[PDB]
**Student:** 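Our group is looking at a structure that contains triclosan; some questions.
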Amino acid sequence: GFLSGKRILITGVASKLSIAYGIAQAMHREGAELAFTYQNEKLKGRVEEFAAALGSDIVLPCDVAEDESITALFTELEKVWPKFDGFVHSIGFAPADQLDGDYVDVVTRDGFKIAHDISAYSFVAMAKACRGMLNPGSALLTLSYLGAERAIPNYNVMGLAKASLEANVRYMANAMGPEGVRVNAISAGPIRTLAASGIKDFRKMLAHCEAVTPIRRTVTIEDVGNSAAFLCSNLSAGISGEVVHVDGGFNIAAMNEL
Amino acid sequence: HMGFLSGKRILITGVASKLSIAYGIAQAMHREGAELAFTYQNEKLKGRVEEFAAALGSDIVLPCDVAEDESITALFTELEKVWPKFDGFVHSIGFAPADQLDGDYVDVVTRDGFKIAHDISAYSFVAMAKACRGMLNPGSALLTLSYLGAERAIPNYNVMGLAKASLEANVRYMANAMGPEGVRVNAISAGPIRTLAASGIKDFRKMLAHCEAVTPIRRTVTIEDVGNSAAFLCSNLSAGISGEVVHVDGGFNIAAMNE
Amino acid sequence: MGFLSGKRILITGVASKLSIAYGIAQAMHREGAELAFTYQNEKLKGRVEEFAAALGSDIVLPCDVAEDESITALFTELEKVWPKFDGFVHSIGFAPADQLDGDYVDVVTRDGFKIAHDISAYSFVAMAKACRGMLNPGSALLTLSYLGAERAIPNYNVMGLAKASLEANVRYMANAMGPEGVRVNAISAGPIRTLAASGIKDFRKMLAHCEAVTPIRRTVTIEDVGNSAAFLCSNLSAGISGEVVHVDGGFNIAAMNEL
Amino acid sequence: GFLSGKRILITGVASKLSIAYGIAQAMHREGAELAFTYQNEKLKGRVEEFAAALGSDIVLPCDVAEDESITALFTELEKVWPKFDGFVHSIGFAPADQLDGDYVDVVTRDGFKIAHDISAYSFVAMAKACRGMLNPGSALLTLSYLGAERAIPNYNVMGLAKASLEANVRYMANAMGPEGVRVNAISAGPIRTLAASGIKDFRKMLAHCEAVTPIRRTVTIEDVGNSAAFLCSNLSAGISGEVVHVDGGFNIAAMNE
Ligand SMILES: NC(=O)c1ccc[n+]([C@@H]2O[C@H](COP(=O)([O-])OP(=O)(O)OC[C@H]3O[C@@H](n4cnc5c(N)ncnc54)[C@H](O)[C@@H]3O)[C@@H](O)[C@H]2O)c1
Ligand SMILES: NC(=O)c1ccc[n+]([C@@H]2O[C@H](COP(=O)([O-])OP(=O)(O)OC[C@H]3O[C@@H](n4cnc5c(N)ncnc54)[C@H](O)[C@@H]3O)[C@@H](O)[C@H]2O)c1
Ligand SMILES: NC(=O)c1ccc[n+]([C@@H]2O[C@H](COP(=O)([O-])OP(=O)(O)OC[C@H]3O[C@@H](n4cnc5c(N)ncnc54)[C@H](O)[C@@H]3O)[C@@H](O)[C@H]2O)c1
Ligand SMILES: NC(=O)c1ccc[n+]([C@@H]2O[C@H](COP(=O)([O-])OP(=O)(O)OC[C@H]3O[C@@H](n4cnc5c(N)ncnc54)[C@H](O)[C@@H]3O)[C@@H](O)[C@H]2O)c1
Ligand SMILES: Oc1cc(Cl)ccc1Oc1ccc(Cl)cc1Cl
Ligand SMILES: Oc1cc(Cl)ccc1Oc1ccc(Cl)cc1Cl
Ligand SMILES: Oc1cc(Cl)ccc1Oc1ccc(Cl)cc1Cl
Ligand SMILES: Oc1cc(Cl)ccc1Oc1ccc(Cl)cc1Cl
């Protein structure tokens, strides 16, 4: 596999639906050794099961809201992985009220702070915490959405948070590049996940994208998985600070329904 | 005066000194016939801002600390007393703790540092829009000030780059939300200009010199260049333009591989 | 006096009262410009003479941008009445009709691609080459582009490629001509019913779509584009070069609005 | 390998430094059957040799200035490859005079025509001539440069031709997507190739990019090759109409003192 010899930490595996689940399956297929985080105790058991089906018993708590939890993650991981080769940030949150209605009516200071803190800051927070553990040739990866570039109904403040996160990719790639670390994002098209369900009229976005995307289907966690595996491998040694659209080309289409 | 903003009432935030981008905008809007009102952050800036306002024929000078929801509500409660309706506002406000703007981004970025940059530099634009939405006339325009740091990794600009990316996305979401009721929302991506707050960016004087050398117009932009651009974007001349980040940087942003 | 007082601006692409260039001409004359006009061929000469006369000009000269000799003769004739001037509006676009109906790969041809690029993109720099010595300090060039440059729009086809080339032309001309005091910008205009627009398949559906989903909830007008164009060729926009300004009511920044 | 069972045609192999060389190596290594084109008789020997090193004896002429040359390529290719899974367009040309001096002084109608014709039109010309030979799941790839997005000294009219090429990618991705074909570009950082010599002060561009690129090195035909292999493989199934920057992140950097 093109990840033979790599040790990648994967965040954000909530279920078999999760983008991060797809990424893990592809990275295991390509020979990566994997470790896994879980947000809270409620999620531990399922992530342990998913971890074990991929030959891993490295499963550790991380609530990215808490600096101590991020430090503890890497404190505990260092004991099995003194050094490793990067991680997948597949984590977003905003209060539910932020994702239904007029952006300006519905956005709040606290909704804004949480969305950016959890979806944007958490990525560089994780990087600070493991910086000295990363081998030369390491790769970090986050997940963004066209909401960052365009005004999308109901996505609302998550658009601002993804725009922040995509700038984070750039500032992180620029800072960590010299010492041999690449940083990228996948801008993924719509996929049915627990989190997707939190966006008002998600199913309308999903249907619309299926119709007008050049490849004429919604992308799968397999498609994202393979792209993510590639971006965290030495195959992508020439790419850093990049937001790669894995949306079937939806972002480049205009006026297809009239 | 009389000009392309005759009939417009515009609120101006972020005047600190005569170097301030908001001063150049205030100058340019007065010259084009706008009635102006001003905000000041704290008591330290009140007196300075009052004399600037009086020189431009305004005695509407009101406190606003955009970290505080109470302060923004009270701004527009007081503003309503003299201006029941008005035609929008200029958001010329940035802030991060000093420690954010000096060193390797990953090393010096902090959670509070990130929180404060995004809160003051990005959230505060839509906060002001939420609290004055009902007072905006049809044909109103909101304007904010961004920087190329939103688009490119700039040494030492660090977490302000992310807060500016968030700001530019806010322009788009607000434009989209407010367009149907007749409100336009735009940004100017200004080139570097020696302002009080600019002195806080490590190596600013090298940015300035770099930008002077490679910018197509072969000069630094002025608060006059930005003021004329802001005056246009808040005027009915710009009626076909919403959700845009207009680069007023002499075209620095389109240059690569110079020298 | 208007913000174009003391400027001498040459206007191409006036075909009718619906032409973008005619809206530009009106706004620029309103703001105090003195104007000169080109006409493509003998059939348009009379109408352009009439529209120019209505804006206080009888400087009305043939220019077919297909021909190097025609562009040279234009500036050799112009110089006799305008030894110096302050820039020109390039409002010129053409591809063979067969290029703008069907699947882009089926319908695009080598000659169709050549003509689109030659007339719509190359002509902007050919004109700049031909008058470079006649431009005052503070001169400004303007071309017209379309969202088709950035996105794949059905049936705009190879005109999308020609517009992308044109916007790249804006950047390379801004960068080359900036040091000698010349600014170069584009307006990326929303759809407008003009003679040329009727050559685009389902243009009526395009208008209705942009009408529904554009933040400002209307079509832009030649007044909107004219006002922006006046601004971009005036000293008010002295800070802006190498820029494609979207004058499309925010259409470009909206996604999934139809639902 | 992840191109196992794919048939890819490769253009623009000139020498061992050729981006198209790096791409052939990477695609061979991952188990693609390759075919190669050569511009003219002068290059035919070098390519027949490079092809044989990779196990291909499919080496056909194509001058993309000629519609007939493109038809004939696909007429000959069909005899051995009735179907195939796409091609790599690694082809650029402008008259030498275009790439030395101030853009406005140096550009000419004929300079502009050829740059656009060879560097941009030829990509969709090849897609037109082979559309019915492409299997479901096929990928086309072209090579672009940041000259499309930024004004770069001396790159001049090639910048416009690459901007047209990048738009081409999007219009081809939109048209061909529904019949199961993806179309993408790599925007490669500077690399010393035969063609690169043609740019005035190319050396300075290399050293500039090397100094300020986040990965702090020049990219290689093997970095571009790995990215090209990926983008023409089923691994990239969710990517179309995309210009992927393989320049070490140079494009996102500004103000490196
Ligand atoms: N349509 C889509 O599914 C889509 C599109 C593009 C982008 N994305 C992004 O992909 C990523 C993965 O989301 P998904 O769609 O797979 O959803 P999901 O619900 O399957 O996964 C989201 C994950 O975020 C984690 N998370 C939330 N708050 C956390 C915290 N405080 N600490 C740690 N983990 C926390 C959850 O535990 C969960 O594992 C997100 O960043 C999302 O914004 C999703
Ligand atoms: N100067 C430049 O080179 C440049 C370039 C691009 C954009 N900008 C942006 O222009 C805007 C104005 O900055 P400037 O350069 O004029 O400097 P400045 O110091 O004159 O203006 C900054 C202003 O921010 C205000 N401010 C800070 N925190 C505030 C708060 N909590 N509540 C209310 N007001 C607050 C200050 O009172 C001050 O008036 C900012 O958004 C800045 O980021 C500056
Ligand atoms: N929706 C729109 O109408 C729209 C939107 C975006 C951009 N544009 C651009 O605006 C510009 C003006 O078009 P318009 O909509 O006003 O259409 P129009 O028909 O009013 O203008 C087209 C003009 O092009 C001129 N022209 C064509 N070939 C020429 C040649 N060889 N030499 C000289 N002049 C030549 C014609 O004489 C005519 O005056 C074009 O570049 C067009 O692509 C139009
Ligand atoms: N070298 C770089 O730094 C760099 C960076 C970005 C993109 N590119 C692009 O990569 C591609 C390959 O160039 P390279 O750097 O490998 O140089 P190269 O000289 O190795 O390859 C250029 C190729 O173009 C072919 N070609 C030229 N005119 C042709 C025609 N009429 N018909 C057929 N083939 C023709 C030549 O035969 C040659 O193989 C070009 O499109 C170039 O613009 C190069
Ligand atoms: O960002 C997303 C985009 C899409 Cl189309 C679908 C799911 C997404 O993921 C989220 C959406 C909202 C919240 Cl609150 C959290 C997350 Cl992770
Ligand atoms: O955003 C800016 C960009 C530049 Cl080039 C110069 C000044 C800027 O403005 C600020 C920079 C830092 C802080 Cl703390 C606050 C502000 Cl207002
Ligand atoms: O570019 C345009 C875009 C739009 Cl939406 C409408 C009209 C346009 O202008 C043209 C369209 C086709 C041809 Cl052949 C020539 C021109 Cl000037
Ligand atoms: O596009 C390129 C970009 C770079 Cl940085 C280097 C070489 C390139 O390729 C060319 C440059 C000039 C000519 Cl005439 C032909 C080609 Cl193929």
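Naming: A, B, ... by sequence-line order, numbering from 1 per chain. Note that ligands are numbered from 1 as they come in the structure, with each ligand's atoms numbered from 1 the same way. Recorded method for this deposit: X-ray crystallography, 2.1 Å.
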**Student:** Where, by number or letter, can triclosan be found in the structure?
**Tutor:**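 The drug sits at ligands 5, 6, 7 and 8.
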**Student:** Which chain is the chief contact partner of triclosan (ligand 7) here, under the naming of the PDB entry?
**Tutor:**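 Most heavy-atom pairs belong to Enoyl-[acyl-carrier-protein] reductase [NADH].
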**Student:** Can you list the other chains with a non-hydrogen atom under 4.0 Å from triclosan (ligand 7)?
**Tutor:**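 Counting heavy atoms only, the chains are C.
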**Student:** Just curious, which residues make up the binding site of triclosan (ligand 7) with non-hydrogen atoms under 4.0 Å?
**Tutor:**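 At that heavy-atom cut-off, the site is C/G93, C/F94, C/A95, C/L100, C/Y146, C/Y156, C/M159, C/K163, C/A196, C/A197, C/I200, C/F203.
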**Student:** Where is the nearest protein heavy atom to atom 1 (O) of triclosan (ligand 7): which residue, which atom, and how far?
**Tutor:**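 For atom 1 (O) of triclosan (ligand 7), the nearest protein heavy atom comes out as C/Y156 OH, 2.5 Å.
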**Student:** What residue and atom, counting heavy atoms only, is the protein's closest point to atom 10 (C) of triclosan (ligand 7), and at what distance?
**Tutor:**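 It is C/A196 CB, 3.6 Å.
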**Student:** Looking only at protein heavy atoms, which one is nearest to atom 8 (C) of triclosan (ligand 7), and how far off is it?
**Tutor:**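 Heavy-atom neighbour on the protein nearest atom 8 (C) of triclosan (ligand 7): C/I200 CD1, 4.4 Å.
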**Student:** Which protein non-hydrogen atom lies closest to atom 15 (C) of triclosan (ligand 7), naming both residue and atom, and how far is it?
**Tutor:**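 The answer is C/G93 O, 3.3 Å.
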**Student:** Considering non-hydrogen atoms of the protein only, which is the closest contact for atom 13 (C) of triclosan (ligand 7), and what is the distance?
**Tutor:**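 Going atom by atom, the protein heavy atom closest to atom 13 (C) of triclosan (ligand 7) ends up being C/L100 CD1, 4.1 Å.
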**Student:** Give the atom numbers and elements of triclosan (ligand 7) that come within less than 4.0 Å of a heavy atom of C/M159.
**Tutor:**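 Answer for triclosan (ligand 7): 1 (O).
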**Student:** Go through triclosan (ligand 7) atom by atom and flag the ones less than 4.0 Å from a non-hydrogen atom of C/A95.
**Tutor:**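 So the atoms of triclosan (ligand 7) that pass are 14 (Cl).
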**Student:** Can you tell me which residue and heavy atom of the protein come closest to atom 7 (C) of triclosan (ligand 7), and the distance to 0.1 Å?
**Tutor:**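 The answer is C/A197 CA, 3.7 Å.
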**Student:** Where does triclosan (ligand 7) get N/O contacts under 3.5 Å from the protein, atom by atom?
**Tutor:**
from: triclosan (ligand 7); atom 1: 1 (O); to: C/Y156; atom 2: OH; distance (Å): 2.5

